[PDB]
Peer 1: 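As an example, take this structure containing novobiocin.
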Amino acid sequence: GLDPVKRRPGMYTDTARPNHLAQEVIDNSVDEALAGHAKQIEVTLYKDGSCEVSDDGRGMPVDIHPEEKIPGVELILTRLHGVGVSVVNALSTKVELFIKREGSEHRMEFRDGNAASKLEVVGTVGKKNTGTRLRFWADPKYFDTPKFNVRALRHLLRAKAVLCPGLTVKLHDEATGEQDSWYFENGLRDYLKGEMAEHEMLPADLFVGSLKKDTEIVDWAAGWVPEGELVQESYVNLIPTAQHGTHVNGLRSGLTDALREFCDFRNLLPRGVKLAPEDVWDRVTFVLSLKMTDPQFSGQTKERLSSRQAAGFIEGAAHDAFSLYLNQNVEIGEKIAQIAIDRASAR
Ligand SMILES: CO[C@@H]1[C@@H](OC(N)=O)[C@@H](O)[C@H](Oc2ccc3c(O)c(NC(=O)c4ccc(O)c(CC=C(C)C)c4)c(=O)oc3c2C)OC1(C)C
């Protein structure tokens, strides 16, 4: 039942505004992209206060539950991250979805969380034309305001394109008429490269790496920027960790050890000078994406990754990869080392 959600909405979403509800719907479309089924996601914010999310994924199954004898889509919508789309339906005066699947376009409507129609066959489409679109009308009585924080949504949607290479994410704000489109073929590297295009850095095209250990998967892009504002973003299962944490500590620790060993072999350290992790990390710009099973968060807001396992995993990945890179790019390596050494010497 959805009654519990209606009684205490604050326990299932952020009642400040409907942004979180939109996130839930967006996440479901992103899963299709992460699974390699969707390549396009469009979000529309309407003047009537509703929000729609459309994707070209497989589309929600349009079959009937043998026991419940009702559409599988109905069970999903009638029965913070990963709370489920049912929460969106429960806190909306109306929800309308269109599903393109198996050569047909289907429609279903809900009102105040209850089915307001049957699963209707409303169109015929090509076999390859599939996807889901869900539009919801948040019930203002549950939120301080029905208005969306568009800026926060822009940042979040861009992250999806960054974290899922090849995915095109669009946003359309009907109130203003403003449109946005994000796409990053390479993912992390293209995004970081574009965000730092105004400053000179080492490597010029960044230092990239990745490692998969059957459950743990890490991806990163980093560079040293002598002058300029640094971009520093980390994620765990697509969840942004504003306070970074154990995964970032691993990256930092691993790049530091590689650089220190490099300075040792090349004998670049001035008399009595030793590199401290802060010397190496001070001018670093990066984007880090970790994927692990059941991550644990710490901090007064759970915006920091606490999983100790993640530290050792990434440290080993960054250590081995950066050592390899430095040893095959000596000049670039010595310039990076010098940036860190200049800090150490300046102390
Ligand atoms: C809110 O629905 C979300 C989806 O939302 C979006 N935007 O696509 C998406 O996040 C994901 O969608 C899935 C998740 C799993 C399968 C999946 O396992 C499929 N393969 C099947 O063989 C299948 C075919 C019919 C059927 O009733 C079921 C069981 C239904 C499930 C597991 C939801 C599975 C399939 O064709 O489509 C799938 C789809 C579209 O999971 C949902 C349904 C909770």
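Note that chain A carries the PDB entry numbering, so the residues on display, from first to last, are 59-137, 155-422. These values consider heavy atoms only, across backbone and side chains, with no hydrogens, waters or symmetry-generated copies. Whatever order the structure lists ligands and atoms in, that order sets their numbers, starting from 1.
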Peer 1: For novobiocin (ligand 1), which chain wins on contact count (greatest number of heavy-atom pairs under 4.5 Å), named per the PDB entry?
Peer 2: Topoisomerase IV subunit B
Peer 1: Of all the atoms in novobiocin (ligand 1), which lie at a distance below 4.0 Å from a heavy atom belonging to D113?
Peer 2: 6 (C), 7 (N), 8 (O)
Peer 1: Can you identify the residue and atom to which the deposited model gives novobiocin (ligand 1) a covalent bond?
Peer 2: none
Peer 1: Report, in ascending order of atom number, the atoms of novobiocin (ligand 1) lying under 4.0 Å from any heavy atom of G117.
Peer 2: 40 (C)
Peer 1: Tell me: protein heavy atom nearest atom 28 (C) of novobiocin (ligand 1), and distance?
Peer 2: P119 CG, 4.2 Å
Peer 1: For novobiocin (ligand 1), which atoms sit closer than 4.0 Å to a heavy atom of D121?
Peer 2: 25 (C), 26 (C), 27 (O)
Peer 1: Considering only non-hydrogen protein atoms, determine which one is nearest to atom 20 (N) of novobiocin (ligand 1) and report residue, atom name and distance to 0.1 Å.
Peer 2: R116 NH1, 4.4 Å
Peer 1: Check each atom of novobiocin (ligand 1) against the heavy atoms of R176 and keep those under 4.0 Å away; list them by number with element.
Peer 2: 24 (C), 35 (C), 36 (O), 37 (O)
Peer 1: Nearest protein heavy atom to atom 3 (C) of novobiocin (ligand 1), by residue and atom, and its distance?
Peer 2: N86 OD1, 3.9 Å
Peer 1: Looking only at protein heavy atoms, which one is nearest to atom 12 (O) of novobiocin (ligand 1), and how far off is it?
Peer 2: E90 OE2, 3.6 Å
Peer 1: Among all the protein's non-hydrogen atoms, which is closest to atom 1 (C) of novobiocin (ligand 1), and how far away is it?
Peer 2: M118 CE, 3.7 Å
Peer 1: What is the nearest protein non-hydrogen atom to atom 43 (C) of novobiocin (ligand 1), stated with its residue, atom name and distance?
Peer 2: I134 CD1, 3.9 Å
Peer 1: Quick check on novobiocin (ligand 1): any N or O pairs to the protein under 3.5 Å? One line per pair.
Peer 2:
unit_1, atom_1, unit_2, atom_2, d
novobiocin (ligand 1), 7 (N), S87, OG, 3.3
novobiocin (ligand 1), 7 (N), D113, OD2, 2.8
novobiocin (ligand 1), 10 (O), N86, O, 2.7
novobiocin (ligand 1), 27 (O), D121, OD1, 3.1
novobiocin (ligand 1), 27 (O), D121, OD2, 2.7
novobiocin (ligand 1), 36 (O), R176, NH1, 2.9
novobiocin (ligand 1), 36 (O), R176, NH2, 2.7
novobiocin (ligand 1), 37 (O), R176, NH1, 3.4

